[PDB]
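Everything on this sheet refers to the single structure shown next.
Residues: numbered from 1 along the sequence shown. The analysis underlying the following values was restricted to heavy atoms, covering all of them including side chains, and did not include hydrogens, waters or symmetry mates. Read the numbers this way: they start at 1 and go in the same order the structure lists the ligands and their atoms. If you're wondering, the header gives X-ray crystallography, 2.7 Å.
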Amino acid sequence: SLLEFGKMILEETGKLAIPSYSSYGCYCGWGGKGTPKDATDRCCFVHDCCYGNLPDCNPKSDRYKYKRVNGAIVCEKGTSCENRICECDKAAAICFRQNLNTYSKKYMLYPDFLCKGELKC
Ligand SMILES: O=C(O)Cc1ccccc1Nc1c(Cl)cccc1Cl
């Protein structure tokens, strides 16, 4: 659930989901359209796509359980949705951590009209 994802984000990046990644680029936080502005934005695009593979699940609200083995993220067994949701978020966190070096504040609160074009998952 959104509640777990943000905590995962924070642990991973030292940054707070809101407002650091809640309105970043064209896909972080609301997704929809356009060309991902950068690596961080790309993580969100993939992440939206990931959630997209689970039409019959509820990513924002279904809670899952996970643990850290030394500093690794390990999703604990739950319902199938729960397991695939977790794998989706885990990927996004690692991705964020992997591009923190190019995170740019000029993409915070990015305006909608500056996101043109569809991109397929
Ligand atoms: O992919 C992301 O960076 C995050 C993301 C994607 C889809 C929907 C919500 C969020 N984030 C989000 C979070 Cl992480 C907390 C509170 C409110 C919102 Cl809208």
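Choosing among diethylstilbestrol, gemcitabine, salbutamol, diclofenac, clorsulon for ligand 1 gives diclofenac.
Bound to diclofenac (ligand 1) with the largest number of contacts is the chain that the PDB entry calls Phospholipase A2. Measured by non-hydrogen atoms, the distance from diclofenac (ligand 1) falls under 4.0 Å for these UniProt Ca(2+)-binding residues of chain A: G29.
Within chain A, the UniProt active-site residue with the least non-hydrogen distance to diclofenac (ligand 1), rounded to 1 Å, is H47, 3 Å.
The contact residues of diclofenac (ligand 1), taking heavy atoms under 4.0 Å, are given as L2, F5, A17, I18, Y21, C28, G29, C44, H47, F96.
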